[PDB]
Structures are given as structure tokens and as C-alpha cells.
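Opening notes on progesterone bound to Apolipoprotein D.
This chain uses plain numbering: 1 for the first residue, then up along the sequence. According to its header, this structure was worked out by X-ray crystallography, 1.8 Å. Read the numbers this way: they start at 1 and go in the same order the structure lists the ligands and their atoms.
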Amino acid sequence: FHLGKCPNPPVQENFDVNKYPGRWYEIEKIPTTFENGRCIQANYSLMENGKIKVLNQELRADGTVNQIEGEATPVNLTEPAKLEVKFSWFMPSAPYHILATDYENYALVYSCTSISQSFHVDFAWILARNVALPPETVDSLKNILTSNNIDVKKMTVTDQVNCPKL
Ligand SMILES: CC(=O)[C@H]1CC[C@H]2[C@@H]3CCC4=CC(=O)CC[C@]4(C)[C@H]3CC[C@]12C
């Protein structure tokens, strides 16, 4: 919960949606809730229209699996790295902005929602193709956030250690 209008960081230049699909593991995020997933992964599959189906899955402490299915749609025709995502019929879409990705190793995703023009809440996820990233990559991605006035101090490391080999 923050003062002012939503930050509007630059997004990934020359973004190629065709190289984005497949499985991404969650490495770090701004937590959305104080409750509980590990081994967090999302599978993206690119459709005919440029819509992207998203299947998010996580393991809970008791070893059960929680899943949610959603769809990402480009918000506009100018900037292919600015999408919006919807997971439930009853939930308005949320921005899904790809700030940086090399398609083969990492992606930084940002989302911000206003609470009037005077306040906002924002979120960010560092994703990877593998279950871990070099500390210097994580640092470089957090620097993007910081340099755009997005706070990284509340970010948590997702447990990719107590997890199956997939
Ligand atoms: C792991 C991953 O790719 C991240 C990037 C965008 C993330 C989603 C963005 C929307 C979202 C917000 C919530 O309120 C619950 C979790 C979810 C449903 C997120 C789950 C993890 C996702 C899918």
C-alpha cells in the first residue's frame, strides 16, 4: 500500500511472446497473502489469438497441490509485453507487465492496481526456467524495481528446495 499513482516502469524491449511460453518457476515475489505455497510454478501456453492460458500450481506443507487456471490477454496493440491476466470470472483483470526477460533463464513481472489516484498496491514476481537463479541476476532484477520506485524489501524467497525433481 503506497502513496501516489502506479509506477510505470519500462517493459521488455522487442518482446517476443512466442519465446515466452512453457514452465516458469517462482523464485521471489511480493507476497499477495500471508498464507502458504512452495514449489510454485506456472505453465503458459500461447493460443491463436495471442491469448495465453496460464496454469499455476503449488504444493502445500501437507504435500497437497493447489491449482488455479487463468488467461493473459495483451492490453493493447502497441506494447506486447503489457498484458492483463484473469483467473476467476468474478475477479477484474490485473496488469501483467513483463519488465525484463531473456526467455531462457529469467523473467521479471510487475502488476499495479490503483486505490483511487492517490494510492496504489503493487506486486512483482521474479521467475526462472530453472528452480534457482544466480544471485547477481536476482539483484539486477530487483534493481529494475528499485530504480522505478517500487519497494523490494517485502519480497520473499519462494521455497524451490523442498520440492520434487521435475
Ligand atoms: C508463477 C507465476 O508465473 C506468477 C506470475 C503472475 C502470478 C499470478 C498473478 C495474479 C495472482 C494474484 C493473486 O491474487 C493470487 C496469485 C496469482 C494468481 C499469481 C500466481 C503466480 C503467477 C502466475
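Within the listing of progesterone, atoms 1 (C), 2 (C), 3 (O) sit less than 4.0 angstrom from a heavy atom of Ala42.
Among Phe87, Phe123, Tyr44, the residue whose heavy atom lies nearest to atom 5 (C) of progesterone is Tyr44.
Here is the list of progesterone atoms found below 4.0 Å of a heavy atom in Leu127: 1 (C), 2 (C), 3 (O). Within the structure, progesterone has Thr32 among the residues with a heavy atom less than 4.0 angstrom away.
Remark: atom 1 (C) of progesterone lies closer than 4.0 Å to at least one protein heavy atom. The protein heavy atom nearest to atom 6 (C) of progesterone is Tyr96 CE1, 3.6 Å. Summary of contacts: the protein heavy atom closest to atom 23 (C) of progesterone is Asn56 ND2, 3.7 Å. The site surrounding progesterone, defined by heavy atoms under 4.0 Å, contains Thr32, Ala42, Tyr44, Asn56, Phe87, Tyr96, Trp125, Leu127.
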Which atom pairs, nitrogen or oxygen on both sides, join progesterone and the protein at under 3.5 angstrom?
| unit_1 | atom_1 | unit_2 | atom_2 | d |
| --- | --- | --- | --- | --- |
| progesterone | 3 (O) | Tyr44 | OH | 2.6 |

